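Every chain is numbered from 1, with letters handed out A, B, ... down the list of sequences. When a ligand or atom number is given, it counts from 1 through the structure's own listing order. The structure has been trimmed to a portion of the entry, and contacts are counted only among what remains. Only heavy atoms go into these numbers, but all of them, side chains included; no hydrogens, no water, no symmetry mates.
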Amino acid sequence: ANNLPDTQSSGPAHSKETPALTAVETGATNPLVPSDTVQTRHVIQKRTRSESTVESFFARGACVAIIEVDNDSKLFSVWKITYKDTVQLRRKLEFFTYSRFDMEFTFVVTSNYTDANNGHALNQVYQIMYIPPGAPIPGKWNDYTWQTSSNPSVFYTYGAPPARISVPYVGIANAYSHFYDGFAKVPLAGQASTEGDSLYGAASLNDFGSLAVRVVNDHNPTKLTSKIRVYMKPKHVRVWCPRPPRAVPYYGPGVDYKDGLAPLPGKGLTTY
Amino acid sequence: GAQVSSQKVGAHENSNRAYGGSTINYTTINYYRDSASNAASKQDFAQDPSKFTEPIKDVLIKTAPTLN
Amino acid sequence: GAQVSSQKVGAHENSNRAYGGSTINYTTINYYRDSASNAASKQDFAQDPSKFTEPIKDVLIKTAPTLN
Amino acid sequence: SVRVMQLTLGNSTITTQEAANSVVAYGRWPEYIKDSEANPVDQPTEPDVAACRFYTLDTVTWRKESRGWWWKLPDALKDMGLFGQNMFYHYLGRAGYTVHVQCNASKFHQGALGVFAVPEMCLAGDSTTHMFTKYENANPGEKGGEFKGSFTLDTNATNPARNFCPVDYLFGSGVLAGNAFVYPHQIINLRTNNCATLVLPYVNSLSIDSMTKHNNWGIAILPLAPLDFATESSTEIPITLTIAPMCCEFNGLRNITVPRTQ
Amino acid sequence: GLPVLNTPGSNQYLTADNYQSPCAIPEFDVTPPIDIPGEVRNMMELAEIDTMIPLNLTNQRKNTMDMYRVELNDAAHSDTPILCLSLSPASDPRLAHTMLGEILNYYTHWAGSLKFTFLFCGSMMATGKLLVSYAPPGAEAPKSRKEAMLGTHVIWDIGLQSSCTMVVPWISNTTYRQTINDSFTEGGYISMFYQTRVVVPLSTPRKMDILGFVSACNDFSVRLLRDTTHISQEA
Amino acid sequence: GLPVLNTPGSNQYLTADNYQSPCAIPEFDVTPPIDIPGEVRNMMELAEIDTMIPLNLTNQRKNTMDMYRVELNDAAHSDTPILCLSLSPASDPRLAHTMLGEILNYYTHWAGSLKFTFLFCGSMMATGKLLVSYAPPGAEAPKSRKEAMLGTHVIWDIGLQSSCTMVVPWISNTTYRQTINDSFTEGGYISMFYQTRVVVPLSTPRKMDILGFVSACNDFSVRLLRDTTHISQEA
Amino acid sequence: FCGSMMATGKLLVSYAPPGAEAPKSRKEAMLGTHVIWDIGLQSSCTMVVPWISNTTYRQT
Ligand SMILES: COc1ccc(OCc2ccc(COc3c(Cl)cccc3Cl)cc2)c(Cl)c1
């Protein structure tokens, strides 16, 4: 996040040192600066790379999900936690193979009457319950699971500033894997083809669990719908192994492609 | 437990406060026990790109012949 | 009356603030007279399970024969 | 000089008189797990010279029409001597590698091969079903696979191939191939060098993993400038791949694993 | 007054927050404590106590005292397993309801070593050698003593010391495993075989039981508190 | 309590704010880090790595491996350009999709020097001299070697060192340029010509390819994070 | 190597201690002691057959 070096003045040359010539076969990039190939003046550099630090690049709340609940089973909804339901944050994360950070979740809740001239309801309170992989998932908008004696819940009152909570680095590995070239199972010799088969590039069937959202108020016959837009921001970021960015449209959770396979336009070789 | 850092002043007001004093510092205090609750300090460091730009075993000088 | 404790930093930002200073400390001040109003400090200790795992009168070594 | 080298590992030695230096991926040389980064508590096995030696996989042939080749590690070495034995007898395994690609021609030939080492080299499949490639197809072993010039969707619903369909300009994963240079690599330009040498440390989000379930590195070879000779529309030059595992340590010994095949 | 700015998250109720609040019964004279025996500081203390495993969940034995008894006999040597188990402490039906399994079901991740102790309840005149085994995941689950003997194992000789402990070391790829049945974080197999055979003289019972116990080692830990599926409430 | 006064901006949600919030999973035992190779601290590190330029976007070559190959031949000397490009790193179709261009499309401003490296992939028996040029904006785009030679240029002699780098110095009026095609912040023209001609002996290929690479210099910086147009989502 | 200067090539010279099947393919040979010879300026290549024996001396 710092300063750039100054340009030193450089005069003419006539020597056996040729920085302009190189050999990219080695796998290295030629570290030339302007003064290597032209005469330069002294410039005191004041520009910095403060905004392109790994932290500043991700320091934005991106939408990862839009959970919908109809307060007239739709009285409650469950969202399997992921960053792949949307494309924008996903593409930025995928510039790297591994990552490690904390997360900040902000929830923007909106609601409205479906009918322009019918129904009425008192102010709604929402419960956003996190169900860690293993915990019982709600079957009804009002069954015993909503007691949350151990699961973390967030109760949001409609109209209040967006709710917000922080989550630590929760991975079971030392870093989050954006790419996993493997399987969760190894098919063994002799077992039925139905056996030992698993998805390519998938780890746990339930990585991070899911969110169960519901309106706590008793539902009125009035037609109402609410939407909880989930925004996530990685804070305290560290990333490893850069990768080229996604060039064609995403086709699922994997690196699969199908449709926009011809991303580049035509342009004449000798056309400026 | 307050942390006092200085800001990098961009646009300067016609004040001496825009050039010195606590007027170009900002104060921070953590209220939560879990580090996850903390904001980002944003006083982030940089590093050498060499691991990517020149992952070569036998180090070479730009003035000198790459293929030797 | 402020209590300043340090946090156990999990994920580290690319800052020196993530490794030291008041930036890895958190501050606490009690506002109520009754201790019941206080939050939980969560700086909780552990103990020896022996009272449950080995409530034996005559202490025995694992290498040595239990039935002697 | 930058051009002459000799690599000795165990009982195997490789010599070259036309190198273009060597690349050490991310500037990290392979190493063993430190006590501060250790996870499994059992005593590891370290075959050393019996496993850390040069193994020559099958030779492929480069023609004017070739699109490219790919291999997965440790997969390509699963049947290689005592390295393969240790891989299958243990639940966990870790290793780094020295990849030496060989390709000689003459002063009247042209062509350039881009040799890339990719961590977590996930490839694209052939169906509309996501992540449908089956284990047997994803792990070809020493013979590896090939890149294609175009995407062709498998439509046989009765008998889906469940295979990869890596299109070359899309780097087999939906990214542009010209940007694959952000990964450790070397280029075998026929007018300059014979080979490419890459030293790969162990890369993963864990200190040790299952070698049968997970491939850490992928080796991709793409013709950047096609093979051409004098006036012989007909030209074929072989490309031999020699890889040596390094700092092998395995944990969790039991009965041998025999994976399902074909 | 002092100028303030309300940040997002204001007026919300996080079920896991840790704030101060006013006391509804001020100046209350609290009854002082007394030194009651058996105080607990950490839930892991309870996971380290041996608890009997319901190993025999066959239809006639499950949910009876017989689910805890695994019977042996003086038959000639056989290479077939006496029992088989999967190292899924929170999900395997035989482990999920032990004190260890009960606690693991209130957490999402577990890591550490475990130990299985077996008690021989035959007569004093009975002798025998058994092989207890643990095979890390990834290969075929052992079905003969020949395969089991290739993994971690303890050859138990029966005699004065009635019990034998086999430690299942922490051998994992991930730093923590999940408390659900998931192949990515699978733990391996536990099995028992006859090394020689149980031998008894005349006028002695030819069949006897062994009981199994499970507890966590001192390097065991759990994280991410969650709700258990072991308790429900209808209406 | 303490008298406070709510200022405008209260209860809003700025997507780019930086505040503290309560932790939903308190006292969680975080898995420590390991030293994984290839860590990145700044996005500009990636912009400094050579990435191959898709120079040949003709209808038959675009979106194929041929878009990266620019063919040369042993024809007699000509003063016509081998290729032409505009210095609009984020918007020119040939630069916009390189690693450099991809990163620039997440920012609104860019400033600094760039360098273009060309690799000769002909046979060893082939020789030749080429002129690579850069003309700052404001005049007619060079169409002959005679005009190109009047600006910044490097005369590349082909031989042992297979590649040649031409640095495009930061010559601008504004302190930062925009990442969109805009005349006010236009950058100039890049072109290549034959200085002499490519010469090959008998029994040698008369046509060969050259590949181009682009990367940022150590004085390069970007600012004002924005959203890219390189990724979309329908429905 | 007594070919012309224009000739190139890589060869694998191997040594397999006794006891197994004599190598008949490069695949078997590559598993024993071997030197991969790259042809070029240095015209020759040496492969050392190390003393690997059970007895302290062998018979002639
Ligand atoms: C590589 O990029 C990643 C890695 C992990 C991720 O998710 C991990 C994750 C795990 C638990 C929770 C649970 O968080 C919550 C809690 Cl406790 C309470 C209330 C609401 C929420 Cl929301 C949320 C996210 C995401 Cl979104 C991107």
(request) From the list 9cUAB30, 8-chloroadenosine, 4-hydroxytamoxifen, UC-781, SCH 48973, give the drug seen at ligand 1. (result) SCH 48973
(message) Hey, which chain has the most contacts with SCH 48973 (ligand 1) here? Just the name UniProt gives it.
(response) Capsid protein VP1
(request) List the other chains that have a heavy atom under 4.0 Å from SCH 48973 (ligand 1). (result) A, F
(request) Please give the name under which the deposit lists chain F. (result) poliovirus type 2 coat proteins VP1 to VP4
(request) Report which residue and atom the deposited model joins to SCH 48973 (ligand 1) by a covalent bond. (result) none
(request) State the binding site of SCH 48973 (ligand 1) (non-hydrogen atoms, cut-off 4.0 Å). (result) A:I81, A:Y83, A:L93, A:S99, A:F101, A:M103, A:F105, A:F107, A:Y130, A:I165, A:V167, A:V170, A:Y176, A:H178, A:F208, A:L211, F:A24, F:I25
